[PDB]
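Co-structure: MRTX-849 (bound form) and GTPase KRas.
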Amino acid sequence: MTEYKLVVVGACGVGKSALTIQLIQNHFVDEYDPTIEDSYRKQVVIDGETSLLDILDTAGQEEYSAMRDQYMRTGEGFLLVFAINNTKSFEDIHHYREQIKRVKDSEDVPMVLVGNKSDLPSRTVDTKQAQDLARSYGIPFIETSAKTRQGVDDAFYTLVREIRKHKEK
Ligand SMILES: *C[C@H](F)C(=O)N1CCN(c2nc(OC[C@@H]3CCCN3C)nc3c2CCN(c2cccc4cccc(Cl)c24)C3)C[C@@H]1CC#N
Ligand SMILES: Nc1nc2c(ncn2[C@@H]2O[C@H](COP(=O)(O)OP(=O)(O)O)[C@@H](O)[C@H]2O)c(=O)[nH]1
Ligand SMILES: [Mg+2]
């Protein structure tokens, strides 16, 4: 049975954990320890294809040990998450993009740009600017709310499709 290793990255507080739990369990967790990094597994049906998602919810600390690279390098695809009400989280996307390129040693890594917290009326990041960034990278852009589940299937299933597309090549 097919296993896809997904990795969720992005600034503290963007909603990595809430997005992951929303995908795996179908509810919103508004308080999950910000330091806690863990893998979540779920059997899914995408485009009629049965598979196992193994999703790393990144946290811990910013460090570049051999061991941290090895672990991130096992990811087949990455969700680059920012929050639509946090400009800095949006600017930080380039950092994560660059680290993924470095550890996979490739310009062609399956990635999806995720603008989370789409339910909030305190937007600081233009959807236009977001789309232009995803376009500059050659990757899909999905607006999400972990709170309302808006876009959550779309974000994870899109990334699986990007991985399948990479695995065919
Ligand atoms: C809030 C909670 F602690 C959290 O989610 N964290 C802490 C930060 N951490 C992290 N942070 C950065 O950068 C943070 C800012 C942005 C620009 C540079 N700094 C100032 N970068 C990373 C990580 C986790 C470890 N990451 C890493 C390390 C080696 C290889 C590699 C390969 C691909 C992708 C990554 Cl993220 C890699 C770099 C983690 C987490 C925030 C997240 N995600
Ligand atoms: N309104 C709203 N709040 C969210 C959403 N996703 C996460 N949050 C909140 O944002 C904060 C950080 O979420 P968390 O999942 O811990 O972020 P992480 O550090 O990237 O794991 C918490 O207070 C969450 O309740 C969302 O889609 N909408
Ligand atoms: Mg978290």
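Residues take their numbers from the sequence shown, with the count starting at 1. Method of determination (from the header): X-ray crystallography, 1.9 Å. As the structure lists them, so they are numbered: ligands from 1, and atoms in each ligand from 1.
Taking every instance into account, the structure holds MRTX-849 (bound form) at ligand 1. The 4.0 Å heavy-atom shell around MRTX-849 (bound form, ligand 1) contains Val9, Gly10, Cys12, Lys16, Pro34, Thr58, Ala59, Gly60, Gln61, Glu62, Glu63, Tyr64, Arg68, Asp69, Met72, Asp92, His95, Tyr96, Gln99, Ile100, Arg102, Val103.
Residue contact check: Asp69 has heavy atoms under 4.0 Å from atoms 29 (C), 30 (C) of MRTX-849 (bound form, ligand 1). Those atoms of MRTX-849 (bound form, ligand 1) with a heavy atom of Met72 less than 4.0 angstrom away are 30 (C), 31 (C), 32 (C), 33 (C), 34 (C), 35 (C), 36 (Cl), 37 (C). Among all non-hydrogen protein atoms, the one lying nearest atom 39 (C) of MRTX-849 (bound form, ligand 1) is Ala59 O, 3.5 Å.
Taking atom 4 (C) of MRTX-849 (bound form, ligand 1) as the reference point, the nearest protein heavy-atom neighbour is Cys12 SG, 3.1 Å. Considering backbone and side-chain atoms alike, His95 places an N or O below 3.5 Å from some N or O of MRTX-849 (bound form, ligand 1). Distance from atom 23 (C) of MRTX-849 (bound form, ligand 1) to its nearest protein heavy atom, with residue and atom name: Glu62 CA, 3.8 Å. Organism for chain A, as given in the entry: Homo sapiens. Short contacts between MRTX-849 (bound form, ligand 1) and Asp92, defined as distances under 4.0 Å to a heavy atom of the residue, involve ligand atoms 16 (C).
For MRTX-849 (bound form, ligand 1) and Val9, the ligand atoms under 4.0 Å from any heavy atom of the residue are 36 (Cl), 43 (N). Atoms of MRTX-849 (bound form, ligand 1) found under 4.0 Å from any heavy atom of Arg102, numbered from 1 in the order shown, are 29 (C), 30 (C). According to the entry, the covalent attachment of MRTX-849 (bound form, ligand 1) involves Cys12 SG.
An N or O contact shorter than 3.5 Å links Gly10 to MRTX-849 (bound form, ligand 1) by distance.
Residue-ligand proximity, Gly60 to MRTX-849 (bound form, ligand 1), at heavy-atom distances under 4.0 Å covers atoms 3 (F), 6 (N), 7 (C).
Considering backbone and side-chain N/O atoms, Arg68 never comes within less than 3.5 Å of an N/O atom of MRTX-849 (bound form, ligand 1). The protein heavy atom nearest to atom 38 (C) of MRTX-849 (bound form, ligand 1) is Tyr64 OH, 3.6 Å. Nearest non-hydrogen protein atom to atom 28 (C) of MRTX-849 (bound form, ligand 1) is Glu63 O, 3.3 Å.
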